[PDB]
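Along the sequence shown, residues carry numbers from 1. Just the heavy atoms: all of them, side chains too, but no hydrogens, waters or symmetry mates, feed the values below. So how was this one determined? The header says X-ray crystallography, 1.5 Å. Just so you know, ligand 1 is whichever comes first in the structure, and atom 1 is the first atom listed for that ligand.
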Amino acid sequence: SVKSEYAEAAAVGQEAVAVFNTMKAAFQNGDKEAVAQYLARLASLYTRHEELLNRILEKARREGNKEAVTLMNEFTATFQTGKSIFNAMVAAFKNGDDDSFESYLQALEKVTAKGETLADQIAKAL
Ligand SMILES: O=c1[nH]c2cc(Cl)ccc2o1
């Protein structure tokens with residue numbers, strides 16, 4: 001049901017947290033080859049997460065579940081801010097701009113955590 005799809009979406013979000021933290025560690029340590037691979041992995045993970053979030057939102061709409069639709073619209077908007085910041089982080093790595101990369105790393109953590117306080121109202125509304 002929409003809830004098994006939400007559990008999968010939550011798990012993909014958790015996989016992205018895991019890979020993100022390993023990537024941050026590699027960035028701090030100067031292992032640029034590892035960072036490149038983790039950034040490619042995160043891009044794939046964000047694409048999969050977005051696909052699951054869109055299926056959840058579209059299903060809540062087809063059910064006319066007004067509260068779930070509202071929360072999912074808000075959450076997906078914040079998720080997109082995170083993705084825009086992630087894309088800018090990718091570009092800073094490409095350009096050799098470690099100062100900007102550090103700053104985006106920090107920004108992406110805070111925006112991702114902000115989206116998460118909606119996650120538990122979403123699970124109860126679905
Ligand atoms: O659940 C998952 N984990 C995944 C990791 C990559 Cl790289 C792509 C899709 C995924 O879906």
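- Looking only at contacts, the largest set of contacts to ligand 1 comes from what the PDB entry names De novo designed ABLE protein.
- The drug placed at ligand 1 in this model is chlorzoxazone.
- For chlorzoxazone, the residues with any heavy atom closer than 4.0 Å are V12, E15, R41, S44, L45, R48.
- Here the protein heavy atom with the shortest distance to atom 11 (O) of chlorzoxazone is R48 CG, 3.7 Å.
- When each atom of chlorzoxazone is checked for a heavy atom of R41 under 4.0 Å away, the hits are 7 (Cl).
- Of the N or O atoms in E15, one or more lie within a sub-3.5 Å distance of an N or O in chlorzoxazone.
- At the shortest separation from atom 1 (O) of chlorzoxazone among protein heavy atoms lies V12 CG2, 3.5 Å.
- Of all protein heavy atoms, the one closest to atom 4 (C) of chlorzoxazone is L45 CD2, 3.5 Å.
- Atom 8 (C) of chlorzoxazone has as its closest protein heavy atom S44 CB, 4.0 Å.
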